[PDB]
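First up is the structure itself, then whatever we jot down about it.
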Amino acid sequence: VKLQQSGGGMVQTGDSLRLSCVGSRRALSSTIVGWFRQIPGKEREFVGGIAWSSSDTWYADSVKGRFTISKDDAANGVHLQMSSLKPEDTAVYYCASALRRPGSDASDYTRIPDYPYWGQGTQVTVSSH
Ligand SMILES: O=C(Nc1ccc(Cl)cc1)Nc1ccc(Cl)c(Cl)c1
Ligand code: NA
């Protein structure tokens with residue numbers, strides 16, 4: 001599977017952005033789609049994930065309630081809705097995907113090496129007015 005992400009750019013504090021990530025091959029029942037973000041100077045840090053079969057989601061504390069991942073109703077992809085953005089959210093946002101190992105909870109998929117497949121990144125800079 002290849003992952004394709006939408007554009008980013010500059011946004012202002014308090015604004016929302018809805019990113020898209022689309023897979024080249026149809027989701028499997030075991031597909032997990034994750035979002036990470038590379039804060040400048042830092043590793044790719046986990047944002048949230050979705051389990052395709054159940055639509056179950058899990059998130060990092062730093063984005064809980066503000067960022068929502070959902071499965072597309074009419075495409076083979078997900079959205080990341082990013083609300084109430086602040087300058088500290090400036091990063092490259094990455095879509096990633098995995099196939100869940102039997103016996104491993106989907107919500108355990110929170111680390112970079114848990115995901116073999118990566119999108120190309122969407123750079124977002126949030127600035128004050
Ligand atoms: O992973 C997927 N689909 C998928 C769909 C949408 C998103 Cl956002 C992310 C992933 N299917 C798949 C199908 C076949 C193979 Cl070999 C593999 Cl390795 C993966
Ligand atoms: Na950090």
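Throughout, numbering of the chain's residues begins at 1 and tracks the sequence. Keep in mind that the numbers below use all heavy atoms, side chains included, and drop hydrogens, waters and symmetry copies. Numbering of ligands and ligand atoms starts at 1, following listing order. Method of determination (from the header): X-ray crystallography, 1.5 Å.
- Most heavy-atom contacts to ligand 1: the chain the PDB entry names single domain camelid nanobody VHH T10.
- For ligand 1, the recorded drug is triclocarban.
- Within 4.0 Å of triclocarban (ligand 1), judged by non-hydrogen atoms, the site holds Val1, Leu3, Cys21, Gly23, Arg25, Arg26, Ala27, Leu28, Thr31, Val33, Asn76, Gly77, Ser97, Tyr117.
- Listed by atom number, the atoms of triclocarban (ligand 1) under 4.0 Å from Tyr117 heavy atoms are 18 (Cl).
- Here the heavy atom of the protein found nearest to atom 9 (C) of triclocarban (ligand 1) is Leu3 CD2, 3.5 Å.
- The atoms of triclocarban (ligand 1) that sit less than 4.0 Å from any heavy atom of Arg26 are 2 (C), 3 (N), 11 (N), 12 (C), 13 (C).
- The PDB lists the organism for chain A as Lama glama.
- Distance remark: protein heavy atom not present below 4.0 angstrom from atom 16 (Cl) of triclocarban (ligand 1).
- Distances from atom 5 (C) of triclocarban (ligand 1) to the protein include at least one heavy-atom value under 4.0 Å.
- Each of the following atoms of triclocarban (ligand 1) lies closer than 4.0 Å to a heavy atom of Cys21: 8 (Cl).
- Annotation: atom 10 (C) of triclocarban (ligand 1) to nearest protein heavy atom, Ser97 OG, 3.6 Å.
- In terms of polar-atom proximity, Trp52 is not counted as a contact of triclocarban (ligand 1), lacking any N or O under 3.5 Å from an N or O of the ligand.
- Among protein heavy atoms, the minimum distance from atom 14 (C) of triclocarban (ligand 1) is reached at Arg25 CB, 4.2 Å.
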